[PDB]
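Here is the structure we will look at, set down as structure tokens.
Letters A, B, ... are given to chains in the order of the sequence lines, protein chains preceding strands, and every chain is numbered from 1. Structure method, as recorded: X-ray crystallography, 3.6 Å. Lab note: partial entry displayed, contacts enumerated inside displayed portion only. Counting starts at 1 for both ligands and their atoms, in listed order.
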Amino acid sequence: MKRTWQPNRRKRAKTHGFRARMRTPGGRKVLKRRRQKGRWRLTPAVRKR
Amino acid sequence: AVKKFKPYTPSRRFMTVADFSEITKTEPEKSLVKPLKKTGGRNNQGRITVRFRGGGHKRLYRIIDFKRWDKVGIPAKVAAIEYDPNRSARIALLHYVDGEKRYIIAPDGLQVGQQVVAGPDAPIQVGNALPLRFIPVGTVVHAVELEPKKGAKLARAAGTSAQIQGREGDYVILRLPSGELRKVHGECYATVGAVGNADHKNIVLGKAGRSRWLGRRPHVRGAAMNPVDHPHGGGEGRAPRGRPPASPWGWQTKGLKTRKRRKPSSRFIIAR
RNA sequence: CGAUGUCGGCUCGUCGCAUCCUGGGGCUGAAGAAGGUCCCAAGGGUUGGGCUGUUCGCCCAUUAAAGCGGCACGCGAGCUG
RNA sequence: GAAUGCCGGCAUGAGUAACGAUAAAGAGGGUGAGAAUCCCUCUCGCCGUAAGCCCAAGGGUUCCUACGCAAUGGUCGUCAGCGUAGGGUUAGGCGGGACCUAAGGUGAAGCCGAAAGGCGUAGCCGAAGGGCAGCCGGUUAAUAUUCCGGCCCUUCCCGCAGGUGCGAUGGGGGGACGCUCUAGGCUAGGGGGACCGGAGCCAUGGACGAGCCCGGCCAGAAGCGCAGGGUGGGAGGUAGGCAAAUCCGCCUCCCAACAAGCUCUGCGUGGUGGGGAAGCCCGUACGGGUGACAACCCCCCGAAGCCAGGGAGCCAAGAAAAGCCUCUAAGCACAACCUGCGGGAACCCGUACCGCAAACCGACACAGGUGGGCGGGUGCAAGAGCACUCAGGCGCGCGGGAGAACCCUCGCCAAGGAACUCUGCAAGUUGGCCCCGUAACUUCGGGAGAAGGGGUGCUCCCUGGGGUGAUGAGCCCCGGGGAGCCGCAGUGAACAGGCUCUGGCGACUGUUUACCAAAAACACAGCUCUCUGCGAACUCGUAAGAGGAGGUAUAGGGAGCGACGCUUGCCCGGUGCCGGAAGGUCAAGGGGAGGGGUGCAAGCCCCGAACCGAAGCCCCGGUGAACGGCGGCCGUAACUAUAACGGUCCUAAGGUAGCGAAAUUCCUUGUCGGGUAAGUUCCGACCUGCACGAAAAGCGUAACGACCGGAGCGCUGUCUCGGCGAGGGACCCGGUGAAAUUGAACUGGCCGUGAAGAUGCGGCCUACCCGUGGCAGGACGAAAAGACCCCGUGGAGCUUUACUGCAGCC
RNA sequence: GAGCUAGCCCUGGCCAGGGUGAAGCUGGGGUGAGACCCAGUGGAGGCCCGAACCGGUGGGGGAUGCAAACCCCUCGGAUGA
RNA sequence: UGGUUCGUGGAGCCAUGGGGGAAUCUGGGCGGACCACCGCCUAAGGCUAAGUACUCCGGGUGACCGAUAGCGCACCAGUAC
RNA sequence: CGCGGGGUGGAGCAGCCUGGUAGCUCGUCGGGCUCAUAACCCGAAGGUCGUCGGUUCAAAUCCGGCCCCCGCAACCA
RNA sequence: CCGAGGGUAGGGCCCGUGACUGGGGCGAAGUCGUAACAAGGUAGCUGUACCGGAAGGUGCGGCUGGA
RNA sequence: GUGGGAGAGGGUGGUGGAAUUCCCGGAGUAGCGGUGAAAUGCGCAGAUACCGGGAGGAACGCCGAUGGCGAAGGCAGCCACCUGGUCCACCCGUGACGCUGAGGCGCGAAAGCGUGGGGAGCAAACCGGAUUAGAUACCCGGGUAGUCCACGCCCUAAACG
Ligand SMILES: NC[C@@H]1O[C@H](O[C@H]2[C@@H](O)[C@H](O[C@@H]3[C@@H](O)[C@H](N)C[C@H](N)[C@H]3O[C@H]3O[C@H](CO)[C@@H](O)[C@H](O)[C@H]3N)O[C@@H]2CO)[C@H](N)[C@@H](O)[C@@H]1O
Ligand SMILES: [Mg+2]
Ligand SMILES: [Mg+2]
Ligand SMILES: [Mg+2]
Ligand SMILES: [Mg+2]
Ligand SMILES: [Mg+2]
Ligand SMILES: [Mg+2]
Ligand SMILES: [Mg+2]
Ligand SMILES: [Mg+2]
Ligand SMILES: [Mg+2]
Ligand SMILES: [Mg+2]
Ligand SMILES: [Mg+2]
Ligand SMILES: [Mg+2]
Ligand SMILES: [Mg+2]
Ligand SMILES: [Mg+2]
Ligand SMILES: [Mg+2]
Ligand SMILES: [Mg+2]
Ligand SMILES: [Mg+2]
Ligand SMILES: [Mg+2]
Ligand SMILES: [Mg+2]
Ligand SMILES: [Mg+2]
Ligand SMILES: [Mg+2]
Ligand SMILES: [Mg+2]
Ligand SMILES: [Mg+2]
Ligand SMILES: [Mg+2]
Ligand SMILES: [Mg+2]
Ligand SMILES: [Mg+2]
Ligand SMILES: [Mg+2]
Ligand SMILES: [Mg+2]
Ligand SMILES: [Mg+2]
Ligand SMILES: [Mg+2]
Ligand SMILES: [Mg+2]
Ligand SMILES: [Mg+2]
Ligand SMILES: [Mg+2]
Ligand SMILES: [Mg+2]
Ligand SMILES: [Mg+2]
Ligand SMILES: [Mg+2]
Ligand SMILES: [Mg+2]
Ligand SMILES: [Mg+2]
Ligand SMILES: [Mg+2]
Ligand SMILES: [Mg+2]
Ligand SMILES: [Mg+2]
Ligand SMILES: [Mg+2]
Ligand SMILES: [Mg+2]
Ligand SMILES: [Mg+2]
Ligand SMILES: [Mg+2]
Ligand SMILES: [Mg+2]
Ligand SMILES: [Mg+2]
Ligand SMILES: [Mg+2]
Ligand SMILES: [Mg+2]
Ligand SMILES: [Mg+2]
Ligand SMILES: [Mg+2]
Ligand SMILES: [Mg+2]
Ligand SMILES: [Mg+2]
Ligand SMILES: [Mg+2]
Ligand SMILES: [Mg+2]
Ligand SMILES: [Mg+2]
Ligand SMILES: [Mg+2]
Ligand SMILES: [Mg+2]
Ligand SMILES: [Mg+2]
Ligand SMILES: [Mg+2]
Ligand SMILES: [Mg+2]
Ligand SMILES: [Mg+2]
Ligand SMILES: [Mg+2]
Ligand SMILES: [Mg+2]
Ligand SMILES: [Mg+2]
Ligand SMILES: [Mg+2]
Ligand SMILES: [Mg+2]
Ligand SMILES: [Mg+2]
Ligand SMILES: [Mg+2]
Ligand SMILES: [Mg+2]
Ligand SMILES: [Mg+2]
Ligand SMILES: [Mg+2]
Ligand SMILES: [Mg+2]
Ligand SMILES: [Mg+2]
Ligand SMILES: [Mg+2]
Ligand SMILES: [Mg+2]
Ligand SMILES: [Mg+2]
Ligand SMILES: [Mg+2]
Ligand SMILES: [Mg+2]
Ligand SMILES: [Mg+2]
Ligand SMILES: [Mg+2]
Ligand SMILES: [Mg+2]
Ligand SMILES: [Mg+2]
Ligand SMILES: [Mg+2]
Ligand SMILES: [Mg+2]
Ligand SMILES: [Mg+2]
Ligand SMILES: [Mg+2]
Ligand SMILES: [Mg+2]
Ligand SMILES: [Mg+2]
Ligand SMILES: [Mg+2]
Ligand SMILES: [Mg+2]
Ligand SMILES: [Mg+2]
Ligand SMILES: [Mg+2]
Ligand SMILES: [Mg+2]
Ligand SMILES: [Mg+2]
Ligand SMILES: [Mg+2]
Ligand SMILES: [Mg+2]
Ligand SMILES: [Mg+2]
Ligand SMILES: [Mg+2]
Ligand SMILES: [Mg+2]
Ligand SMILES: [Mg+2]
Ligand SMILES: [Mg+2]
Ligand SMILES: [Mg+2]
Ligand SMILES: [Mg+2]
Ligand SMILES: [Mg+2]
Ligand SMILES: [Mg+2]
Ligand SMILES: [Mg+2]
Ligand SMILES: [Mg+2]
Ligand SMILES: [Mg+2]
Ligand SMILES: [Mg+2]
Ligand SMILES: [Mg+2]
Ligand SMILES: [Mg+2]
Ligand SMILES: [Mg+2]
Ligand SMILES: [Mg+2]
Ligand SMILES: [Mg+2]
Ligand SMILES: [Mg+2]
Ligand SMILES: [Mg+2]
Ligand SMILES: [Mg+2]
Ligand SMILES: [Mg+2]
Ligand SMILES: [Mg+2]
Ligand SMILES: [Mg+2]
Ligand SMILES: [Mg+2]
Ligand SMILES: [Mg+2]
Ligand SMILES: [Mg+2]
Ligand SMILES: [Mg+2]
Ligand SMILES: [Mg+2]
Ligand SMILES: [Mg+2]
Ligand SMILES: [Mg+2]
Ligand SMILES: [Mg+2]
Ligand SMILES: [Mg+2]
Ligand SMILES: [Mg+2]
Ligand SMILES: [Mg+2]
Ligand SMILES: [Mg+2]
Ligand SMILES: [Mg+2]
Ligand SMILES: [Mg+2]
Ligand SMILES: [Mg+2]
Ligand SMILES: [Mg+2]
Ligand SMILES: [Mg+2]
Ligand SMILES: [Mg+2]
Ligand SMILES: [Mg+2]
Ligand SMILES: [Mg+2]
Ligand SMILES: [Mg+2]
Ligand SMILES: [Mg+2]
Ligand SMILES: [Mg+2]
Ligand SMILES: [Mg+2]
Ligand SMILES: [Mg+2]
Ligand SMILES: [Mg+2]
Ligand SMILES: [Mg+2]
Ligand SMILES: [Mg+2]
Ligand SMILES: [Mg+2]
Ligand SMILES: [Mg+2]
Ligand SMILES: [Mg+2]
Ligand SMILES: [Mg+2]
Ligand SMILES: [Mg+2]
Ligand SMILES: [Mg+2]
Ligand SMILES: [Mg+2]
Ligand SMILES: [Mg+2]
Ligand SMILES: [Mg+2]
Ligand SMILES: [Mg+2]
Ligand SMILES: [Mg+2]
Ligand SMILES: [Mg+2]
Ligand SMILES: [Mg+2]
Ligand SMILES: [Mg+2]
Ligand SMILES: [Mg+2]
Ligand SMILES: [Mg+2]
Ligand SMILES: [Mg+2]
Ligand SMILES: [Mg+2]
Ligand SMILES: [Mg+2]
Ligand SMILES: [Mg+2]
Ligand SMILES: [Mg+2]
Ligand SMILES: [Mg+2]
């Protein structure tokens with residue numbers, strides 16, 4: 001059947017990107033938490049040009 | 001007149017379509033004056049706030065003239081009468097000698113080629129606009145302003161009118177389509193005649209689809225729902241309500257008057 | 001009750017006898033034929049359909065007879081639903 | 001030592017299940033330490049509106065090559081999409097960006113919000129939408145509309161040359177738009193040819209033949225040619241197009257009425273460029289040569305594509321913005337702009353490979369899911385359907401044998417057909433086209449593919465229409481008529497309704513419980529009630545704001561009913577809603593009679609009665625397509641029986657019509673009638689309706705239904721009642737190799753006994769040790785710390801005239 | 001968190017081929033003028049058959065599956081809500 | 001209405017959203033309703049070290065662990081997944 | 001089986017809960033009006049209060065046991 | 001070839017019959033009431049319409065077969 | 001044909017006043033309605049009676065008749081348009097063109113039906129109050145369809161002289 005993962009580079013970027021997270025206090029805290037944690041990747045790596 | 005069909009299909013046996021014979025050879029509209037992009041959307045910034053809206057034909061807005069006092073004294077020739085997707089009525093395309101082209105909402109009896117004009121001057125004829133004062137008591141009228149210089153707001157639906165009843169210092173009394181008795185300021189413009197396309201009420205949609213074409217989504221009964229959804233939801237195999245009938249939001253829907261009492265508008269109203 | 005699947009049906013049977021038939025027999029208000037009633041006896045047999053989910057039962061047409069009951073109202077790691 | 005404990009390890013089942021589609025394999029040779037699995041050749045099979053080719057998304061080294069086999073590969077592996085290394089992705093013209101706007105996002109101005117933040121005209125952002133200049137060939141082991149060859153275009157910038165008032169983010173025009181049906185000419189694509197090109201071929205009985213086989217194009221500026229789209233021309237007047245315009249709009253005289261002319265595309269032609277089969281020979285993993293000076297032509301079919309902003313009809317009435325033309329404003333007119341010509345300048349990113357899939361989404365080389373374009377040929381009425389087949393690509397990464405049960409999938413069956421069963425569940429029968437021929441009933445459309453029939457192949461003769469061609473040939477579609485041949489059978493294989501009668505429910509197409517319910521449920525036109533005067537009612541938000549609606553009573557919200565026909569009775573006492581400037585009560589507040597506390601006092605401080613005080617409730621009316629409700633007991637007619645009739649008690653009033661043992665009927669298989677050999681079902685009746693009933697509508701209703709019930713015909717393996725055959729497993733051999741479960745076990749029957757159902761205790765009987773294929777009675781077999789039940793002063797969702805609050809409104 | 005799913009907004013795409021033959025139009029018939037009736041034409045429709053496509057009706061398989069919804073046969077809709 | 005031990009309590013004090021609304025030392029607040037007396041303070045402007053808190057960082061020590069412990073990580077771990 | 005409600009002149013209902021008095025309508029009887037019946041008018045009769053018990057000074061009434069009648073309930077399996 | 005008829009399939013008309021139901025006619029002395037004939041005690045009749053155990057009532061207009 | 005005449009003949013548009021009902025303002029009280037008699041009902045929450053203003057619907061007093069017109073059904077305030085029949089005079093024109101009429105077609109009171117509007121008065125049904133043995137009747141108080149307009153059906157009658 002159709003499963004739940006339907007990859008889209010634009011969606012992933014607009015949805016979970018560094019700039020989206022930065023836009024709101026909710027998201028800014030996510031970066032803070034991930035930084036303090038020592039996460040190698042703050043936001044998902046969306047590729048291609 | 002109303003177009004009628006033979007039952008060559010079920011739902012074609014009741015279905016019924018407007019007569020478009022008053023639609024003069026001018027079916028597609030007029031750029032310049034209108035159209036605008038019209039912005040379909042069944043809801044506010046976010047959430048739906050009027051249920052069951054959506055779908056249905058794309059539209060172009062015809063930006064019509066609801067304040068006729070710009071062109072006081074300037075007459076215009078009625079050039080055409082065309083279909084307007086965004087109202088029950090039809091619209092008149094008129095050419096002002098000025099050059100300017102406006103649409104007026106098209107009254108019953110309006111003929112193409114006719115002369116029409118607005119102002120204190122203005123022969124009392126079908127199509128003309130006047131401040132309510134100079135209009136003879138008892139004449140039927142439409143596109144009436146509520147307060148002066150604020151635009152036509154009463155009687156624009158197909159086949160509607162108001163009748164002038166009497167006067168009272170600065171106000172003339174109106175009898176509105178609903179039957180209400182209203183004091184409306186003398187200085188309010190209103191155009192003589194009834195609205196026309198009066199056979200609009202006689203049309204039978206005929207099937208579900210037609211409803212959808214006009215963007216009317218299926219309306220579901222409270223009875224059909226559940227207690228979480230509606231006061232009428234549940235219980236077992238059908239149910240008669242079990243309380244005084246209500247809206248989904250709990251207010252009673254048979255009888256409960258809802259106009260706020262202390263409206264300052266009150267001292268200008270005399271009926272139902 | 002940290003689970004013993006619960007009606008009926010189908011399939012496969014098997015056991016009790018307080019025996020429906022067939023075999024043996026005493027009494028009969030048993031002429032004979034055919035009955036009635038009890039005793040002995042399970043070796044084997046104990047039909048096909050209409051109705052109802054039905055068990056059961058009432059019919060239809062037969063039969064030597066159309067037996068009763070137990071086996072977790074026998075049998076769903078066999079089936080059905 | 002136990003916690004269905006936690007982590008780790010190793011056991012058991014067990015060499016057991018499986019090895020991922022029943023499209024399928026065989027052989028010779030090569031390579032290698034090793035080959036069913038790699039390479040090659042021949043043979044065979046499968047796909048072919050794909051299982052073939054091209055885009056996009058996603059993926060990200062998977063592409064090419066060399067060297068490799070520990071692991072990954074469900075077996076093998078010399079192979080690989082795997083390991084190591086190196087190589088590989090070339091653009092002003094394709095896509096995206098130095099262009100435009102859509103929804104939506106952001107957001108100066110501004111409005112709002114405890115903070116965070118929310119709203120928001122302008123503008124900015126935002127694309128499979130608009131705008132927008134490259135086609136054909138050749139080369140690489142791997143890239144090409146990118147490199148190369150040919151031919152052709154676009155922007156800029158600088159010059160010359162000739163024109164003109166040039167000139168804005170501003171005005172106007174244009175861009176610019178729906179659905180269905182389409183005309184004319186073309187192209188793509190295809191079919192055919194005695195004509196042209198071509199290596200070769202006579203087999204196996206005959207054919208050296210107008211023979212078989214293969215192939216007979218592509219792109220292409222200017223200029224034409226042919227199709228077709230676009231568009232009137234002047235002169236006045238001028239108050240509108242938010243300044244100004246010569247532009248645009250409007251008005252008026254003229255000249256056109258036409259595509260005449262201007263244009264603008266499509267197609268054809270075109271300077272030139274380029275390709276070019278079978279077959280044969282080679283050595284490649286694959287390609288190279290020759291065939292070739294290849295020829296490169298004529299008919300015919302023909303789009304859904306092109307001309308395209310084409311036409312007609314219809315109603316539900318069909319984006320914006322820039323480029324583009326034109327108008328003028330500031331200004332500048334040694335400026336600038338338009339045209340022709342040279343010359344120069346032309347950036348950033350993507351470009352490999354996979355792409356219906358072993359490379360994307362499903363933990364996997366997973367039988368699933370994934371948008372767009374091309375998708376040949378014959379035959380079947382047509383077609384994207386079906387059978388075979390081009391090109392092209394595969395045989396699905398375990399095999400070998402065997403020929404048990406049993407299972408899956410498939411084929412046939414005597415006689416009989418529903419006797420099968422909850423149910424004809426399943427399966428059969430039927431099946432396409434053409435032509436005859438069709439009942440009730442009906443809303444006059446239907447029911448209708450009703451039912452039921454006949455024709456269907458091949459050959460010869462005669463004949464009638466078109467289309468392309470000149471009015472003719474041919475080629476191409478449609479037809480008619482007459483004789484004749486063969487078979488069991490002529491849509492000879494593949495695709496292709498079983499039918500009828502009759503109830504119930506719902507009008508109908510539709511919608512739904514993604515993953516057990518597709519329905520009689522939801523929806524639906526339509527009906528009715530009701531609220532709403534516009535800063536509408538109502539809905540979301542604390543707000544601002546927004547939806548309603550750029551709508552205005554023929555409108556919008558809410559409720560119920562649910563096409564249509566006929567209809568929808570009586571009850572307003574209770575509840576609700578509506579209407580009542582009276583009265584009763586009623587909070588803050590006003591008011592202070594009166595009292596109290598301290599003060600030597602002036603004072604300060606408290607209570608505090610009358611009375612004035614809203615909504616609300618009470619109270620008075622209305623209101624049932626508002627919540628709802630719509631009786632009991634006696635007696636009576638000249639056979640009985642029954643009761644039109646009377647009496648009486650009660651109510652706010654005591655269910656009318658219509659319907660009725662029902663999707664309602666307990667007693668119930670009510671009682672009659674019908675179908676049957678027989679009928680707890682069904683149908684028609686009666687009415688004693690436990691417990692119908694008139695918009696939670698009543699009674700009907702043609703048409704409709706993968707709805708539920710009853711019957712019949714047709715037909716059949718459902719059945720009597722089974723039998724045979726096929727293939728995939730099952731079994732044996734080789735390779736690989738799991739699982740839940742598992743206190744340990746050396747794990748028999750009976751009769752007892754035991755917590756009341758014992759392999760394990762007692763007694764007796766039976767019983768050599770170990771497997772394998774099978775059947776499932778048991779180990780209260782596995783699986784889930786029972787869902788039912790109860791318990792817990794456990795939790796949740798829902799309700800209301802439970803309590804208490806809150807929003808909300810008054 | 002709406003890359004699944006439900007609704008809506010913006011902008012694109014898709015639906016082979018067959019039937020049936022509504023209004024309208026043209027002619028004729030009729031009439032004072034009509035209504036109306038015949039042909040021919042026309043191509044309407046939550047019309048019909050049926051692929052693609054979107055579904056999921058019945059049955060069988062599958063049940064440590066190919067698959068945490070699949071496969072086979074059968075079936076609904078397919079110019080429209 | 002909050003705050004204080006203070007939950008309306010005899011409920012002050014301190015802060016305050018609403019209404020009314022002064023005075024400048026013979027002025028004003030407080031000492032738990034209120035009043036008299038005796039006392040204490042001087043609101044409606046602001047700044048002010050030190051003692052006090054914590055431990056990403058460096059050091060020191062441990063009747064602290066010794067790779068299932070000790071930080072999740074003694075090992076390129078906030079990684080693989 | 002369980003629950004709660006009901007038996008009163010000839011008929012249908014009151015009277016009980018706050019025990020002492022049994023009343024209402026119809027009917028029946030006698031008389032009148034009428035030619036005659038009814039209607040109407042004037043007079044009158046008529047109740048072991050389902051039975052068994054006792055509580056009281058006294059039971060239709062209050063309490064128990066039966067008897068008929070009416071109505072509801074009988075669920076989760 | 002046609003062809004008596006036979007078989008199959010579906011229609012049209014008529015006759016008979018059927019649980020039950022509708023009204024009708026008729027049958028000396030059963031029930032309820034008083035509709036009409038006298039101004040029949042509400043003039044009657046009437047087409048239509050609604051309602052009622054029944055005659056019938058009432059609405060609308062008409063009629064003289066009434067003043 | 002010419003020249004006239006009378007008429008509620010028909011269709012559409014428009015318009016007048018009387019009265020009823022309702023609302024509003026005034027002034028005003030204790031009863032008003034109604035019948036055979038009553039009661040329900042309306043009325044101190046300010047009725048009835050009276051004045052003033054407003055809205056709305058319907059029917060047209062007097063003229064008016066035993067009268068007029070039409071083929072009937074039927075038609076009645078006034079005005080205008082559109083229009084049918086009709087009678088008189090003059091004897092000018094045509095010249096037998098005439099009468100009737102199965103079917104057909106059109107019209108056709110009232111009630112009723114459909115869709116929409118309208119709804120003051122009246123009023124089937126329905127509800128109350130009396131009356132009666134009982135009244136689903138007659139009398140009284142309320143009251144819905146309907147009565148009114150448009151358009152479309154319906155086709156009856158003591159449609160009668
Ligand atoms: N009689 C003719 C038609 O039928 C009905 O009439 C029938 C009945 O109504 C009528 O019944 C009458 C009754 O009215 C009257 N008041 C009392 C009388 N005893 C009855 O009589 C009837 O029944 C008896 C026995 O039962 C028979 O013997 C007698 O013949 C018969 N007429 O008897 C008739 C039967 O013959 C209509 N009423 C009458 O008007 C109609 O036109
Ligand atoms: Mg625009
Ligand atoms: Mg947002
Ligand atoms: Mg609904
Ligand atoms: Mg529900
Ligand atoms: Mg609720
Ligand atoms: Mg129910
Ligand atoms: Mg109820
Ligand atoms: Mg409810
Ligand atoms: Mg248990
Ligand atoms: Mg256990
Ligand atoms: Mg014995
Ligand atoms: Mg004997
Ligand atoms: Mg036996
Ligand atoms: Mg049968
Ligand atoms: Mg059965
Ligand atoms: Mg049993
Ligand atoms: Mg037995
Ligand atoms: Mg038992
Ligand atoms: Mg059992
Ligand atoms: Mg069983
Ligand atoms: Mg078992
Ligand atoms: Mg079941
Ligand atoms: Mg473990
Ligand atoms: Mg085993
Ligand atoms: Mg095995
Ligand atoms: Mg195996
Ligand atoms: Mg495989
Ligand atoms: Mg070798
Ligand atoms: Mg094939
Ligand atoms: Mg790699
Ligand atoms: Mg490779
Ligand atoms: Mg190699
Ligand atoms: Mg391997
Ligand atoms: Mg594998
Ligand atoms: Mg090797
Ligand atoms: Mg590699
Ligand atoms: Mg640049
Ligand atoms: Mg941009
Ligand atoms: Mg932009
Ligand atoms: Mg914002
Ligand atoms: Mg584009
Ligand atoms: Mg481009
Ligand atoms: Mg490549
Ligand atoms: Mg190329
Ligand atoms: Mg090039
Ligand atoms: Mg522009
Ligand atoms: Mg070509
Ligand atoms: Mg040749
Ligand atoms: Mg030979
Ligand atoms: Mg060819
Ligand atoms: Mg060419
Ligand atoms: Mg200007
Ligand atoms: Mg070549
Ligand atoms: Mg066009
Ligand atoms: Mg712009
Ligand atoms: Mg210029
Ligand atoms: Mg590339
Ligand atoms: Mg590529
Ligand atoms: Mg594809
Ligand atoms: Mg594989
Ligand atoms: Mg796959
Ligand atoms: Mg995969
Ligand atoms: Mg697909
Ligand atoms: Mg094709
Ligand atoms: Mg093909
Ligand atoms: Mg073909
Ligand atoms: Mg075909
Ligand atoms: Mg195919
Ligand atoms: Mg091969
Ligand atoms: Mg057989
Ligand atoms: Mg046979
Ligand atoms: Mg048979
Ligand atoms: Mg049977
Ligand atoms: Mg049976
Ligand atoms: Mg059946
Ligand atoms: Mg079947
Ligand atoms: Mg039929
Ligand atoms: Mg034949
Ligand atoms: Mg029925
Ligand atoms: Mg349905
Ligand atoms: Mg489901
Ligand atoms: Mg679905
Ligand atoms: Mg279905
Ligand atoms: Mg289902
Ligand atoms: Mg309806
Ligand atoms: Mg909101
Ligand atoms: Mg708004
Ligand atoms: Mg709006
Ligand atoms: Mg509405
Ligand atoms: Mg319903
Ligand atoms: Mg109706
Ligand atoms: Mg009702
Ligand atoms: Mg009530
Ligand atoms: Mg009331
Ligand atoms: Mg009430
Ligand atoms: Mg009130
Ligand atoms: Mg007070
Ligand atoms: Mg009050
Ligand atoms: Mg009734
Ligand atoms: Mg019955
Ligand atoms: Mg029978
Ligand atoms: Mg029977
Ligand atoms: Mg029945
Ligand atoms: Mg019901
Ligand atoms: Mg009832
Ligand atoms: Mg109801
Ligand atoms: Mg219904
Ligand atoms: Mg029914
Ligand atoms: Mg039906
Ligand atoms: Mg359907
Ligand atoms: Mg269905
Ligand atoms: Mg079988
Ligand atoms: Mg086999
Ligand atoms: Mg093996
Ligand atoms: Mg042993
Ligand atoms: Mg035992
Ligand atoms: Mg033992
Ligand atoms: Mg032992
Ligand atoms: Mg074994
Ligand atoms: Mg087994
Ligand atoms: Mg178990
Ligand atoms: Mg438990
Ligand atoms: Mg439960
Ligand atoms: Mg408790
Ligand atoms: Mg979505
Ligand atoms: Mg088609
Ligand atoms: Mg014609
Ligand atoms: Mg036609
Ligand atoms: Mg069509
Ligand atoms: Mg369709
Ligand atoms: Mg279809
Ligand atoms: Mg396609
Ligand atoms: Mg299925
Ligand atoms: Mg299908
Ligand atoms: Mg279809
Ligand atoms: Mg506090
Ligand atoms: Mg307290
Ligand atoms: Mg304050
Ligand atoms: Mg203070
Ligand atoms: Mg103080
Ligand atoms: Mg102090
Ligand atoms: Mg103190
Ligand atoms: Mg102090
Ligand atoms: Mg200070
Ligand atoms: Mg400080
Ligand atoms: Mg240690
Ligand atoms: Mg550790
Ligand atoms: Mg260690
Ligand atoms: Mg750890
Ligand atoms: Mg007497
Ligand atoms: Mg339960
Ligand atoms: Mg329960
Ligand atoms: Mg014959
Ligand atoms: Mg008969
Ligand atoms: Mg009489
Ligand atoms: Mg009378
Ligand atoms: Mg009478
Ligand atoms: Mg009458
Ligand atoms: Mg009446
Ligand atoms: Mg006249
Ligand atoms: Mg003469
Ligand atoms: Mg005649
Ligand atoms: Mg009539
Ligand atoms: Mg009438
Ligand atoms: Mg009616
Ligand atoms: Mg009507
Ligand atoms: Mg309607
Ligand atoms: Mg009245
Ligand atoms: Mg009356
Ligand atoms: Mg009234
Ligand atoms: Mg007649």
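At ligand 1, the PDB records name the drug as paromomycin. The chain sharing the greatest contact count with paromomycin is, according to the PDB entry, 16S rRNA. Contact chains for paromomycin (heavy atom under 4.0 Å, other chains only): H.
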